[PDB]
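Model: Integrin-linked protein kinase / ligand gefitinib.
Quick note on labels: first sequence line is chain A, next is B, and so on, each numbered from 1. One-based numbering, in listed order, for ligands and for the atoms of each.
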Amino acid sequence: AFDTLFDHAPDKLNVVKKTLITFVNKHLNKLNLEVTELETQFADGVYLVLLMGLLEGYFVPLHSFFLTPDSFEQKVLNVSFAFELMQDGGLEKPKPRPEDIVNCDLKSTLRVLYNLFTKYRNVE
Amino acid sequence: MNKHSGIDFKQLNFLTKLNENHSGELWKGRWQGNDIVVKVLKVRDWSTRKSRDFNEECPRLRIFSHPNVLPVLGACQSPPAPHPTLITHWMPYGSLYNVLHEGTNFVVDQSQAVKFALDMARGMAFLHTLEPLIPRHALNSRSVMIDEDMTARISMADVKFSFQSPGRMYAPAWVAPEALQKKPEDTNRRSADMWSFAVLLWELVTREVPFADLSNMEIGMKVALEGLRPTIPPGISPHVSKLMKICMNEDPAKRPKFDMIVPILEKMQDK
Ligand SMILES: COc1cc2ncnc(Nc3ccc(F)c(Cl)c3)c2cc1OCCCN1CCOCC1
Ligand SMILES: COc1cc2ncnc(Nc3ccc(F)c(Cl)c3)c2cc1OCCCN1CCOCC1
């Protein structure tokens with residue numbers, strides 16, 4: 001379904017990417033964080049964790065994840081934890097493996113972000 | 001046989017729903033002649049392990065020995081109950097947060113505020129004499145209840161159980177900076193509670209919600225990493241200013257114990 005928005009409407013795909021860009025900045029700019037590139041800036045799991053707290057109304061204690069991950073393994077653990085926060089919030093288990101996000105798979109990244117956008121687009 | 005059967009869920013009379021949120025549902029009800037509140041907990045991936053843990057953690061909350069501590073009256077084990085459930089007495093004025101910030105009929109005066117502070121300090125001093133809890137306790141104005149005679153009581157039902165996600169913090173404005181950043185086992189948990197009391201003092205002085213203009217994520221990140229602190233209120237007595245500053249010491253080891261500030265607050269009472 002989303003895969004058709006991805007592959008066989010590449011100017012719709014670019015339209016979705018700018019929508020997701022505007023959505024994540026609405027929230028992350030509150031922490032003085034700016035997103036300009038969806039292909040890489042969610043790969044280490046940090047902004048996904050911060051975004052979930054901004055969207056669902058909680059702080060994530062810094063001992064619960066790796067704010068500055070120093071290995072592929074810590075980035076995978078961050079993304080897995082963000083996936084757990086997503087399920088806590090009512091989303092079904094995300095389809096991509098956490099390593100797919102860390103590896104900057106654009107489709108996996110956009111699928112996860114799009115499901116957040118579908119759910120939380122009206123949060124202020 | 002088990003040492004506790006807990007409260008029989010079938011004996012609960014559910015009267016009216018009070019609230020529902022991420023953590024579960026609150027109901028006003030009745031049980032064995034008591035006016036009660038029931039919390040039905042929402043838990044993802046409930047398991048026998050988590051149920052065993054709930055049943056081991058609840059007995060410690062049944063504290064009947066201090067006027068400024070509100071006990072859990074009991075808990076419903078699940079199974080056989082549909083969901084893990086907590087019961088406490090109905091407190092007619094609700095939480096301290098409700099009384100200070102959502103009070104449409106009266107504004108509590110500062111003599112009552114100083115009495116609330118003394119009540120909370122006495123209850124915390126007593127709790128701090130007990131062996132540590134497995135559930136995480138957090139002192140804030142939502143976890144203090146105001147009884148029918150206006151006595152403030154620490155609510156034992158508001159602990160966070162081992163199966164409730166430690167990764168989601170919903171009232172960070174009251175949490176000590178070190179507790180935003182370090183695992184509980186790496187902090188002095190009793191000194192962290194003094195910071196929370198300092199923020200309660202600030203709330204009693206200003207009658208404002210701390211960091212009301214910020215989201216919980218913004219609060220935790222700015223307090224932990226950018227040194228955000230409550231602004232010391234203008235035009236208060238030097239004595240109150242001094243007490244609030246010592247309770248909010250950046251160094252956890254230099255904060256007073258609750259049993260040290262109880263006599264200070266006693267001398268500040270009107271009667
Ligand atoms: C007088 O009202 C309450 C008394 C309460 N007395 C004791 N405990 C309460 N809450 C509580 C909190 C956690 C628990 F696990 C349990 Cl068992 C109970 C209480 C919650 C109470 O009210 C909760 C709903 C507060 N409303 C919600 C709607 O907007 C206005 C304030
Ligand atoms: C290191 O000693 C404590 C740590 C604690 N850490 C966290 N919480 C404590 N108590 C506590 C705090 C809040 C509560 F709601 C309840 Cl029920 C109990 C603690 C009580 C503690 O000590 C209680 C006094 C008796 N112990 C016994 C042995 O060594 C230390 C002193």
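Counting only non-hydrogen atoms, chains lying under 4.0 Å from gefitinib (ligand 1): B. Lab note: binding site of gefitinib (ligand 1), heavy atoms under 4.0 Å, is B/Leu26, B/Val37, B/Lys39, B/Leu86, B/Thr88, B/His89, B/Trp90, B/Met91, B/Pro92, B/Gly94, B/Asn98, B/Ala157, B/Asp158. As for UniProt Mg(2+)-binding residues in chain B, a heavy atom under 4.0 Å from gefitinib (ligand 1) is present in B/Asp158.
Within gefitinib (ligand 1), the atoms closer than 4.0 Å to a non-hydrogen atom of B/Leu86 are 15 (F), 17 (Cl), numbered from 1 in the order shown. The shortest N or O to N or O distance between B/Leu26 and gefitinib (ligand 1) is not under 3.5 Å.
Every atom of gefitinib (ligand 1) with a heavy atom of B/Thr88 under 4.0 Å away is listed here by number and element: 7 (C), 8 (N), 17 (Cl), 18 (C).
Annotation for gefitinib (ligand 1): atoms under 4.0 Å from non-hydrogen atoms of B/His89 are 6 (N), 7 (C).
Of all protein heavy atoms, the one lying nearest to atom 19 (C) of gefitinib (ligand 1) is B/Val37 CG2, 3.8 Å. Applying the 4.0 Å criterion to heavy atoms of B/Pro92 picks out, from gefitinib (ligand 1), the atoms 1 (C). Judged by heavy-atom distance, the UniProt ATP-binding residues in chain B that approach gefitinib (ligand 1) within 4.0 Å amount to B/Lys39, B/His89, B/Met91, B/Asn98.
Within a 4.0 Å radius of atom 15 (F) of gefitinib (ligand 1), the protein has at least one heavy atom. Summary of contacts: the protein heavy atom closest to atom 31 (C) of gefitinib (ligand 1) is B/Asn98 OD1, 3.9 Å. The closest protein non-hydrogen atom to atom 6 (N) of gefitinib (ligand 1) is B/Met91 N, 3.0 Å. The region of chain B touching gefitinib (ligand 1) is mostly the UniProt domain Protein kinase. Closest to atom 13 (C) of gefitinib (ligand 1), if we only count protein heavy atoms, is B/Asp158 OD1, 3.6 Å. When only non-hydrogen protein atoms are considered, atom 26 (N) of gefitinib (ligand 1) lies nearest to B/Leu18 O, 4.9 Å. Within the 4.0 angstrom cut-off, atom 1 (C) of gefitinib (ligand 1) has one or more protein heavy-atom neighbours.
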